[PDB]
2 protein chains.
Amino acid sequence: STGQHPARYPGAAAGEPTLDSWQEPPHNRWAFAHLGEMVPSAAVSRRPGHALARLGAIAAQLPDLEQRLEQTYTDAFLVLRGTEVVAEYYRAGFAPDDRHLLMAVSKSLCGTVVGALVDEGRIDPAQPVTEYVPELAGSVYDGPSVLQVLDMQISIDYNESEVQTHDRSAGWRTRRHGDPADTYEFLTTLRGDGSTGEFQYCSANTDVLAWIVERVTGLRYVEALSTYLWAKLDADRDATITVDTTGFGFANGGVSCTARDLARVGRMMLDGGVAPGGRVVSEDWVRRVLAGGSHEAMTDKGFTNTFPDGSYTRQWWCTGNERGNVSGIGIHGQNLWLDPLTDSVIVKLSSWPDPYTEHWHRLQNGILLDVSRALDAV
Amino acid sequence: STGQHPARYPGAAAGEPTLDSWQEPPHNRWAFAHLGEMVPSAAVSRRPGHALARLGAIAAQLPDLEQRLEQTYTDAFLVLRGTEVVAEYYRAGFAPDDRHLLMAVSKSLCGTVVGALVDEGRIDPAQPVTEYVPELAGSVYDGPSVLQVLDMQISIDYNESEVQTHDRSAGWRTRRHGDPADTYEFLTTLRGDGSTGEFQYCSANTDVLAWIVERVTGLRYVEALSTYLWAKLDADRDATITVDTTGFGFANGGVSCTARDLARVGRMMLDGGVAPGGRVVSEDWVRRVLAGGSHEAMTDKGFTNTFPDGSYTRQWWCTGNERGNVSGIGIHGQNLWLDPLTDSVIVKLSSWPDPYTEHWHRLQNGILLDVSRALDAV
Ligand SMILES: NCCCCCC(=O)O
Ligand SMILES: NCCCCCC(=O)O
Ligand code: NA
Ligand code: NA
Ligand code: NA
Ligand code: NA
């Protein structure tokens, strides 16, 4: 058993509705107003073919930028300097207001929600995960602290296979006989040697954070993400997040939103944690994110080869470079890149053919760093 | 085999992507921008509990209207007189701009798209279905004309079981071993005694119409619905439609939209087929819808008990009453009701516990008729 979870709707029984019961009362009143949460659905456009390139002033400094963006399968690119959009690019077929999957950039959003709850005193990072999710007793999450989950410093046997099993349990792939029923169940099956302290990137960690969020607030993660973050950004559009059969949002990588709206998250980070709709996280939380995690814990050569003094903390990758760059990162080329020096945010949403290779990583970081430097006063 | 179908995206192979291949190239470029079409997803609100009742002037004539709406599980109710919204009601928990499943009201939208193509001469209702979908040869749709599909005058062995099998084939319910792979396949399995001329309500008919639309335009039904109808309404929001594993929209009942936007469809019908974005259908098509179908074909006592001179044509129910009322209808209480006498449109979106009973039918029609009469000059 995985304990109490936020009901899909007020008064809903556990796990209700399912694909086979949503047309039945009392589920249908809710389902008829949220069918996309139960059945794959397409948008029928209210609006009746070429790339949109508005690189602005950085074009003179980076003449081959558009070509570089094309080479890295860029779908949406936006540079926010201060409160102003100074550069934009959208591939042919992708509108400026279209939403794009964030993959692991979603993790940085989840960490932000956790941070908001820490500020309220509803979550103490020093406490063990089991203080909030007792049902994780007996799993690899039995012993580690919430902060160790936030910093991903837990050794886990996660063949990266656990990765595909995670997808199947969440609805991202077709289920196989015997698979865990939902994401909560999947998490309870995870094991490790018990060691902690060393960084190990594992998407299961973020879903555990979302589970903690649900237990401390009583809200579905989808709602918590809106209440604690999205609804305070004065966003142009709602964001979306895939949900599993219980309605649990895929916190580790299922959020989709527009490039301009994702930039509002970065703006909030560079504004000390304050957004137009109110404070999202404390100044202290933002400071800790920008400061970075323990360098000694970071042993991922894939990251340190490029960023020797890099680290990871609270669901954000910290380059530790001369500019103090920090970034949310997702496979296939997603970045919510922060450049505090120039008070700028760079959003790059892409679709590389591969989830990750040293090649794409090199090209992508080259673009983000060049764009950042192009914003420097001269 | 079911022949050629519109690709999910430009250059996509047949049936691609699937739930197991959307993360792979070249599918991912498209999938990352339309993930809701592959995996159930929830909205993360950009906006930070009580019913909204603005019955306007009809309140004096119908003092117990709100209670009557509550009794019929009303979620959204809107009255458009001319070009003005004169009355509105939304249950607690349902915002004015929230979308609601239309169920079979979706059929009237599909018929409108077919009508647009008839005007262009791309579809001749007198032609057999097989003239456009040869793959339907050998099925109950081998012989009947497109008009007979439009008027639902084809005898079909459709246990209403075929009804649940239809849902499973489309993704509305969990698949069973042996089920047709998609909606197209399901349609080809349908049989009948060969007789025609008598009305038989069957949702399979509308999906055949959508299939014809795809074969004549080369567009996915989802896109055709936008291009030929939705994008010309100057709608506030996009509509949505559930899609099966091939991306085929559930034309017979999977569309969702706001009450105000659905009213724009009625406005177009009362405006001779013209919408703000251009003509949707010809004046003649609208005239034929308002005129009704053959009364002799209408043998559904469930309809004629209330509307003795009623009929059905081109995916619309025609009451044949003294007011000439015509309406799009969907199970659980959905209506796109037209009252030409007062140049008004009444939209009622509900969630009755039951798909249909004489009881709900009586109460619902009582409300629509009373509201219509309340709009009469006095
Ligand atoms: N297992 C689905 C992918 C989750 C996102 C992971 C990442 O972007 O690093
Ligand atoms: N089989 C799903 C329901 C389809 C809608 C049918 C109707 O509204 O009459
Ligand atoms: Na904080
Ligand atoms: Na990694
Ligand atoms: Na027409
Ligand atoms: Na019927």
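Lettering of chains proceeds alphabetically from A, tracking the sequence lines in order. By the PDB entry numbering, chain A shows 5-52, 57-168, 175-392, in order. Sequence positions for chain B are given in the PDB entry numbering; the residues included correspond to 5-52, 57-168, 175-392, in order. No hydrogens, no waters, no symmetry mates; every other heavy atom, side chains included, goes into these values. In listed order, ligands and their atoms are each counted from 1.
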(request) Give the name from the PDB entry for the chain that makes the most contacts with ligand 2. (result) 6-aminohexanoate-dimer hydrolase
(message) Mind telling me what drug shows up at ligand 2?
(response) aminocaproic acid
(message) I'm mapping contacts for aminocaproic acid (ligand 2). Which other chains have a heavy atom under 4.0 Å?
(response) B
(request) Using distance alone, determine whether B:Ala112 and aminocaproic acid (ligand 2) share an N or O pair under 3.5 Å. (result) yes
(message) So if I count the atoms of aminocaproic acid (ligand 2) from 1 in the order they appear, which ones are less than 4.0 Å from some heavy atom of B:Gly344?
(response) 8 (O)
(message) Tell me the contacting part of B:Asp181 for aminocaproic acid (ligand 2): side chain, backbone, both, or neither, using a 4.0 Å heavy-atom threshold, strictly below.
(response) side chain
(request) Could you check which of B:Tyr370, B:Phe264, B:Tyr215 puts a non-hydrogen atom nearest to atom 9 (O) of aminocaproic acid (ligand 2)? (result) B:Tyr215
(request) Flag B:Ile343 as yes when one of its N or O atoms lies below 3.5 Å from any N or O atom of aminocaproic acid (ligand 2), and as no otherwise. (result) no
(message) Give the atom numbers and elements of aminocaproic acid (ligand 2) that come within less than 4.0 Å of a heavy atom of B:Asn266.
(response) 4 (C)
(message) Could you tell me, atom by atom, which parts of aminocaproic acid (ligand 2) come under 4.0 Å of a heavy atom of B:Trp186?
(response) 2 (C), 3 (C)
(request) Give the residue list for aminocaproic acid (ligand 2), heavy-atom cut-off 4.0 Å. (result) B:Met111, B:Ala112, B:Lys115, B:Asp181, B:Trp186, B:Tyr215, B:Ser217, B:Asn266, B:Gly344, B:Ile345
